J.: 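Once you've had a glance at the structure underneath, I'll fire off some questions.
Just so it is clear: chains get the letters A, B, ... in the order the sequence lines come, proteins before strands, and each one is counted from 1. We count ligands from 1, going down the list as the structure has it; atoms in each ligand are counted the same way. Only a selected region of the deposited structure appears here, and contacts were counted within that region alone.
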Amino acid sequence: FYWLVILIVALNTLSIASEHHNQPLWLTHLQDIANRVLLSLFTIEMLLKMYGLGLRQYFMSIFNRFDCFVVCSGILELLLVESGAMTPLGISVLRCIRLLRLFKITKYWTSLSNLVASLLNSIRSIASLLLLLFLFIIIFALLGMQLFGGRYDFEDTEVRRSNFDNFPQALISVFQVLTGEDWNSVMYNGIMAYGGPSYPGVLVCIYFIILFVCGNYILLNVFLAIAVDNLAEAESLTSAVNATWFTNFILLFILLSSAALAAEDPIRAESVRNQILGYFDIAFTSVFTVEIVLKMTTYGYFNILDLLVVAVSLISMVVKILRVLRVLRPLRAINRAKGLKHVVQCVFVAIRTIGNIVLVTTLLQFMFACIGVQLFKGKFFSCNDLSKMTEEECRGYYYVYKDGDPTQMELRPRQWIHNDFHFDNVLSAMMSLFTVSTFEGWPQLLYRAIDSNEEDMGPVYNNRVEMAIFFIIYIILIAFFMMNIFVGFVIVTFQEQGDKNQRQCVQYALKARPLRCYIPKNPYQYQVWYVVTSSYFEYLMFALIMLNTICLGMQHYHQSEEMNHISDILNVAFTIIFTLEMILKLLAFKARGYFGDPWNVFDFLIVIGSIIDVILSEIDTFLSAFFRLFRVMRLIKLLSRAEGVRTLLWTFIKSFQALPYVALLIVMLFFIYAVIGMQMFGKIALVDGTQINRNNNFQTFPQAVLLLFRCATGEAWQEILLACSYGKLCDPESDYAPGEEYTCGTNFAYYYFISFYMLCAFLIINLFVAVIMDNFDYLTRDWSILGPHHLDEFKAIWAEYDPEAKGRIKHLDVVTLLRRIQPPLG
Amino acid sequence: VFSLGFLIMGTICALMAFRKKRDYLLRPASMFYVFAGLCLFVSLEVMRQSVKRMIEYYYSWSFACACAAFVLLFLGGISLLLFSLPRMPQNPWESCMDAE
Amino acid sequence: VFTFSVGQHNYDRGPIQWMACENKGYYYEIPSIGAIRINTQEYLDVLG
Amino acid sequence: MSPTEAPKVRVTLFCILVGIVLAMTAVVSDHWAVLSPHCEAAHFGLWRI
Amino acid sequence: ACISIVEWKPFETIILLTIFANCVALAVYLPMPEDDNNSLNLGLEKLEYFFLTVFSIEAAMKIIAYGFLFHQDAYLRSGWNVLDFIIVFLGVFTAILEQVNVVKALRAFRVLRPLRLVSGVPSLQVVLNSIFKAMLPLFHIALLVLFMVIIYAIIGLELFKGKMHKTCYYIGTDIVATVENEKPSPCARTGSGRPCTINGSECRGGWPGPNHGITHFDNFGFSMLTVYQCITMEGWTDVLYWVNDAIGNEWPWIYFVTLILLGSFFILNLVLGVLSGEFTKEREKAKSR
Ligand SMILES: CCCCCCCCCCCCCCCCCC(=O)OC[C@H](COP(=O)([O-])OCC[N+](C)(C)C)OC(=O)CCCCCCCCCCCCCCCCC
Ligand SMILES: CCCCCCCCCCCCCCCCCC(=O)OC[C@H](COP(=O)(O)OCCN)OC(=O)CCCCCCCCCCCCCCCCC
Ligand SMILES: CCCCCCCCCCCCCCCCCC(=O)OC[C@H](COP(=O)(O)OCCN)OC(=O)CCCCCCCCCCCCCCCCC
Ligand SMILES: CCCCCCCCCCCCCCCCCC(=O)OC[C@H](COP(=O)(O)OCCN)OC(=O)CCCCCCCCCCCCCCCCC
Ligand SMILES: CCOC(=O)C1=C(COCCN)NC(C)=C(C(=O)OC)[C@@H]1c1ccccc1Cl
Ligand SMILES: [Ca+2]
C-alpha cells in the first residue's frame with residue numbers, strides 16, 4: 001500500500017507539470033479529470049487509514065495535521081469554481097494551493113523530512129539578527145526616499161524603474177543594491193539626480209558604498225552563523241616504462257598536443273597555420289600511438305581512456321562532434337600525475353554526499369517553477385511600441401523618436417515579441433528562475449512580471465507590484481539560504497576528513513632554527529649601522545613613503561604648466577632619497593648581510609627600476625609608460641612594518657601554494673570549455689550592439705578564455721547565452737553556403753553555459769573551503785593560551801644576543817634574558 | 001646600449017658568486033638580467049612605433065631574435081631570483097632569513 | 001472641459017476623469033510622444 | 001652550495017646565456033623590419049636601416 | 001525624582017509602540033519633486049509635533065529622575081540613552097528651525113528614529129553588540145583592501161589618465177553616433193584603439209566620458225570610484241572594454257583580470273576565513289557554558 005501512494009503522488013506532479021500555454025483541449029480535460037480522480041483517492045485513503053489508525057493517534061503526527069488541509073482545500077477549490085468565482089487573483093490561490101500536494105515528497109524522502117527540521121531551528125536561533133537585517137533595510141529605504149525620492153525627474157524618455165518614489169519601490173531598490181545586481185546604474189541615476197560628476201553630486205556615492213558594504217557584511221554575519229553554528233550541531237544530532245625522464249617527456253608531450261588544439265583558427269579552416277598544425281597533430285598522434293601499443297603487452301579506466309582517445313585522433317585527418325570529442329587530451333595527464341588523480345578522486349568523493357542537498361533544491365526549484373507558470377503564463381508577450389496591447393493590433397509601422405525629440409523620427413515595423421526568459425512551460429520557468437538565482441538580469445524579469453496584465457496582452461505599467469514578493473521570496477530561499485547549506489555540506493566533507501596545542505608546540509621547539517642579525521664590525525661601519533637600523537630611522541623612512549604616495553595621488557588631468565613641472569622634479573627628489581637610503585644600508589650591512597633579507601632585495605629592485613624610469617623620462621628633452629609603475633610599488637615596503645597584515649598574507653598565500661591541483665582543475669575546465677566553444681560558436685559575426693562583438697567573442701583562444709572568465713564572474717552570461725542560439729549571422733570570413741548566412745550558433749548553448757556556471761560555481765566553492773580548511777588552526781587561534789607568535793618572540797630575543805647562528809649562548813646572558821619573555825612561556 | 005650594459009653588469013656578479021661562499025650574489029645578478037630584458041622589450045616597441053609612422057611592413061629575422069632573448073632573459077632572471085631566494089616558509093617555525 | 005493626463009505617473013486620475021464627465025467634456029491619456037498627435041486632434045468629435 | 005650546485009639553477013644560468021647571445025645578436029643584426037613603398041626594399045636595424 | 005514612580009511601570013511598551021507609529025508616519029509619506037505636496041503629506045507634518053512632544057516628555061521625565069546634573073554621569077552611560085537624546089534633540093531643533101525661518105537636508109535625520117526600536121528591545125541590543133565585536137578581527141583585512149584599492153587607483157591614474165575623452169560624433173554635429181543597443185564608447189583615430197565605423201561619423205575630443213562622465217581615471221577620486229566598482233565585480237567588463245577602445249586590446253586586460261583575482265576573489269577568501277574562524281571560536285567557547 002505504501003508503494004501505491006507514490007504511484008498517485010507522482011502521477012499528480014506530472015499532471016500539474018504538464019500544464020503550459022496554449023495547451024490542447026484534451027490536456028485541460030485530462031488534467032481536471034486527473035485532479036478529481038486523485039482528490040477522491042486522497043480523501044478516501046486518508047479516511048481509510050483514519051479508521052485504520054483511529055481519530056486520536058492519526059492527529060498525532062505532524063504530517064497529517066497537514067493532510068486534512070489538502071483534503072479540505074481540494075474539494076473547496078472544486079466547489080469555488082462551481083460558484084460566481086472570477087479573475088486570476090483568487091484563481092491563482094486555488095491552483096497554487098493545489099501544489100501543496102508536492103510537499104508530500106519532502107515528508108517522503110525521510111531524510112529530507114528532518115533536513116527541514118534542522119533548517120527551521122537554524123532560523124529560530126537567529127531570528128533576532130534576521131530582524132536587525134530587516135531594520136537595516138528599512139532605514140536605508142527611508143533614507144533613500146529622503147535623498148532620491150522625487151528627484152528622478154530627468155527630462156528624457158529613458159525609463160528608470162529602480163527609483164525611490166514610494167515605500168515598496170524604495171524597498172525593491174535597496175534589495176537590488178544589496179543583491180549587488182546593477183547597483184552601479186542606480187548609483188548613476190542618483191549622481192545625475194543631483195548635479196552630475198561635480199563636487200556636491202558625487203557624494204551621493206557614499207549612500208551606495210555604505211549600503212553595499214555594511215549590508216553585505218550583515219548578510220555574511222546572518223548566513224554564516226547558520227552554516228557554522230547550526231550545522232555543527234546536526235553533527236552531534238546524527239553522531240549520537242618506469243623510466244623517470246621518459247614519462248616526464250610524455251607529460252611534456254601531452255602539453256604540446258593540447259597546446260596544438262588551442263591555437264587553431266575556427267573561422268578559416270583552410271589556414272596555412274592550421275595546415276602546419278595538422279601535420280604536427282599526426283606526428284604527436286603517431287608518438288602517442290607507438291608508446292601505448294607497447295603498453296598493452298605487459299598486461300591484458302585511465303589505461304583505457306587514452307585507448308578511446310587516440311582512436312578518434314588517428315581516424316580524423318560525425319565530423320564536428322568527433323573533432324569536438326578530441327578534447328580528451330588534457331584528460332590523460334590525470335594518471336601520469338600523482339597529485340592530479342589524487343585531487344580528482346578526492347572530489348568525486350564530495351559529490352555523492354552533497355547529492356542529497358542537490359536533489360532537494362532541484363525539487364524546490366521545480367515547485368517554484370510551477371507556481372510561476374500558474375502566475376505568469378502567457379503574460380510575457382509585448383509589442384514593439386507599448387501602445388498596442390494585443391497581437392492583432394501590433395501590426396504595421398510606427399515611429400521611434402531619437403533621443404526623445406519629436407522632430408527627429410524614424411519608421412520601424414511593429415512586432416509582437418516574446419520575452420527571452422518566460423514562464424510558459426515548466427522547463428522555461430525553471431530556466432528563468434535559474435537565471436534569477438545567479439542574480440543576473442533579475443530586475444528585468446521583476447519589472448516585467450510587475451507589468452504582467454493578462455493571458456495574451458501586453459504590459460500595464462506598475463500593474464501588480466505585489467508580484468515582487470514571489471521574486472524576493474525565491475532569492476531569499478535559494479540564492480541566500482539553500483546556498484548557504486550547500487556550503488555547509490562541503491565543510492563537513494572537508495573539516496570531517498582532516499592536547500591539540502601540545503603536540504603543535506612540541507613540534508616547533510623540536511624543529512625550529514635560529515636567525516641571523518649581522519651585528520657589524522669596524523666602528524665606522526657600526527657607526528652608520530646604528531643610525532640606519534634605528535627605530536626612528538624606520539619611522540622617518542615610512543613617513544617619506546606616505547609622502548610619496550600623496551604626491552602620486554595629486555596628479556590629475558587637464559592641469560596647467562606648473563603641476564607637471566613640479567611633479568617630475570619631486571619624482572627625482574624621491575628617487576634620490578631612496579637611493580641614498582639604499583646605499584646607506586649597503587654600507588652598514590656590507591652587501592652580504594644586506595641581500596640575505598628578501599625585503600632588501602625587493603627594495604633594491606625598486607630602486608634600480610625607479611632610477612631607469614628617471615632616465616627614460618628625462619631623455620625626452622636631452623637629445624615606456626610601464627616603468628612609471630616602479631614608483632607606486634614603493635608602497636608595498638609598508639608591508640614589512642605591518643606584522644599582522646604580513647602574517648595574514650603569508651598564511652593564505654602559503655596555503656594557495658600547497659593546493660595547486662584544486663586550481664589545476666579550474667585551469668582544465670577553462671581550457672576544455674574554451675576549446676569547445678571555439679568550434680561551436682566561433683563563426684558568429686562580431687556586431688556592435690550584440691553581446692558577441694569585438695571585445696567579447698570566441699574567435700581566438702584568449703578571447704574565449706576571457707569570455708569564460710567573464711561568465712564565471714557572472715556579468716551578463718545569460719545575454720551571451722542568447723547571442724549563440726542558431727538565429728545568428730555567420731561572419732564573412734567563414735565559409736557558409738550562399739543564401740544561408742543566418743545559420744550560425746547552436747541551441748547546444750543552453751547546455752554549455754548552464755553546465756559551465758554550475759561547474760564553475762562548484763569548483764570555486766571547493767577551492768575556497770579547501771584553502772580555509774588548511775588554515776583552520778590559525779583562523780581559530782585563542783591568542784590567550786599559546787601560539788607560534790610567542791615562539792617567534794623567543795627566536796628574536798635569542799638572535800639578538802647571538803647574531804651569528806652558532807647555536808650556543810652563555811649562561812649569564814641566558815638567565816638574564818629570562819625576565820623578558822612573557823608569562824605564557826617564561 | 002642600456003640593456004646590454006645591464007646584462008654586462010649582471011654577468012660579472014652572476015659569475016663572481018661562485019667562489020668564496022658568495023651564494024647570495026645570485027640575487028642582485030638575477031635582478032639585473034630582468035632589467036636588461038625589460039629595456040629590450042622597450043626597444044621592441046619604439047622601433048615598432050617608428051615602423052608605424054613610415055607600403056608594407058614586416059618583422060622578419062632580428063625581431064624574433066629580440067622577442068626570444070627578452071622573453072628568456074626576463075623569465076631567466078625571475079626564475080634565478082626565485083631559485084636563489086630560499087622558500088616561502090610553509091610551516092609555523094620556518095622563516096625567510098633562516099640559518100642555513 | 002476636456003482633461004488630459006500626460007505621462008507615466010502613479011498619481012490618481014479619478015478626479016480629472018470626473019471633471020471631464022461632469023462638464024460635458026472628455027478625458028484623454030497621453031503617455032508618450034507617439035500618443036500626442038491622435039489625442040490632441042480627437043476633441044473635435046465631442047465638439048461636433 | 002645548495003643554490004649554486006643544484007641542477008635547476010644551472011639550467012637557468014645557461015638558458016640565460018642563450019638570451020645573452022641573441023641579445024648581442026639583436027643589437028648588431030639589421031634584419032628585423034622591411035619597407036615596401038611601391039623594388040626598393042629596406043632592411044631595418046637599430047643602428048642603421 | 002517624583003517621576004521615578006512612572007519609569008518602573010509598563011511605560012516601555014507604550015514607548016516602543018509609538019516608536020512603531022513614527023515608523024509608519026515615515027513610510028506612508030510620499031516624496032514629490034520641486035516643492036509639491038498632497039493632503040496626506042501635510043497631515044503627517046502635524047503628527048510630527050505629536051511624536052516630538054511624546055519623545056521629549058519621555059526623556060525630560062527620565063533625565064529628571066535617574067540622570068541629573070551629574071549625580072553619576074552613568075544614566076547616560078548606557079550607550080542607548082545617549083542615542084535617544086540625540087534622536088529627540090534633532091527633532092525639536094528641526095521642528096523649530098523651519099517655523100522660525102518662516103533644511104530638507106536636515107529632515108533626513110527622521111530616518112534614525114527606528115533605532116530606538118533596538119534601544120528599546122533588549123535582545124536586539126545583544127545581537128548588535130555581538131555583530132560589532134566580530135568586526136575587530138577584520139582590522140587587518142580592511143587595512144589591506146584599503147591599501148590595495150589605493151594602489152590600483154594610483155596605477156590606473158597613471159596608465160589611463162585622460163585617454164577616454166574622444167568619441168565619434170556625426171560630422172559637424174554634437175550628436176554622439178551609436179547603434180541600436182550600444183552605449184557610447186571611446187574612440188581612437190590614429191592609434192590602436194577602435195576606429196569608428198558608423199558611416200557619417202568622425203572621432204572628436206572634448207567628450208565627458210563613458211557613464212555621463214562618471215567612469216574614468218583622470219583624477220584620484222574618480223579613479224578610486226571606478227576601482228571600487230570593479231572590485232565589487234559589477235560592470236568590470238564595461239570598464240575593461242572602454243579602456244580597450246581607448247588605447248588598444250592587448251595590455252589593459254592585465255590590469256583588470258588581476259584586480260578581479262586579487263581584489264575580488266582573494267580578499268573575499270580572507271574575509272570568509274576570518275569570519276568563520278571567529279564564529280567557531282565563539283561556538284566552542286559557548287558549547288562549554
Ligand atoms: C598590498 C599588497 C598587494 C598589492 C600589490 C598588487 C598590485 C598589483 C599591481 C598590478 C599592476 C597592473 C599591471 C599593469 C597593467 C598594464 C596596463 C596596460 O597593459 O595598458 C596600459 C599601458 C599602455 O600604454 P600606452 O602608452 O601603450 O598607451 C597608448 C599607446 N601608445 C604607447 C602608442 C601611446 O601599458 C603599458 O604601458 C605597457 C605594459 C607592458 C606590460 C605590463 C605588464 C607588467 C605588469 C605585470 C603584472 C604581473 C601580474 C600581477 C602581479 C601581482 C598581481 C597578482
Ligand atoms: C525532483 C526531480 C529530481 C530529478 C533531478 C535530476 C538532477 C538535476 C540536476 C541538474 C540541475 C538543473 C538545474 C538547471 C536549471 C534547468 C535549466 C533548464 O531546464 O532549461 C531548459 C531550457 C529551456 O529554455 P527555454 O527558454 O524554454 O528555451 C527555448 C528555446 N530552446 O532548454 C535547455 O536546453 C536547457 C538545457 C539544460 C542543461 C542543464 C545542464 C546542467 C548540468 C549540471 C552539471 C554541473 C553541475 C555540477 C554539480 C554542481 C554542484 C554540485
Ligand atoms: C580565483 C578563482 C577564480 C579563477 C582562478 C583561476 C582561473 C584562471 C582563469 C583566468 C582567466 C583570465 C585570463 C584572460 C587572458 C585573456 C587574454 C585577453 O583577453 O587578451 C585579449 C588580447 C586580444 O588579442 P587577440 O586575442 O590576438 O585578438 C584581438 C584582435 N587581434 O589578447 C592579446 O592580444 C595578447 C595575447 C594574450 C595571451 C596571453 C595568455 C592569456 C591566457 C592565458 C592564461 C591561462 C589560460 C589557460 C586557462 C586559464 C584559466 C586558469
Ligand atoms: C578601513 C577599511 C575600509 C576603508 C574605508 C575607508 C574608505 C575611505 C577612502 C576614501 C578616500 C577617497 C578620497 C577622495 C578625495 C581625494 C581628492 C580627490 O578626489 O580629488 C583629486 C585631487 C585633484 O582633483 P581636481 O579637483 O581635479 O583638482 C583641481 C582640478 N583642476 O587631487 C588630490 O588632492 C587627491 C589627493 C589624495 C592623495 C592621497 C593618496 C593616498 C594617501 C594614503 C596613503 C597612506 C594611506 C593612509 C595611511 C593610514 C595607515 C594606518
Ligand atoms: C553550486 C552550484 O550552484 C548552482 O549552479 C546553482 C544555482 C546558482 O546559485 C547561485 C546563487 N547565486 N541556482 C540553482 C537554481 C541551482 C539548482 O537548481 O540546483 C539543481 C544550483 C544551486 C543553488 C543553490 C544551492 C545549491 C545548488 Cl546546486
Ligand atoms: Ca552583474
J.: Which drug among fradafiban, amlodipine, panobinostat occupies the position at ligand 5?
T.: amlodipine
J.: By the name used in the PDB entry, which chain has the largest number of heavy-atom pairs within 4.5 Å of amlodipine?
T.: Voltage-dependent L-type calcium channel subunit alpha-1S
J.: I'm mapping contacts for amlodipine. Which other chains have a heavy atom under 4.0 Å?
T.: A
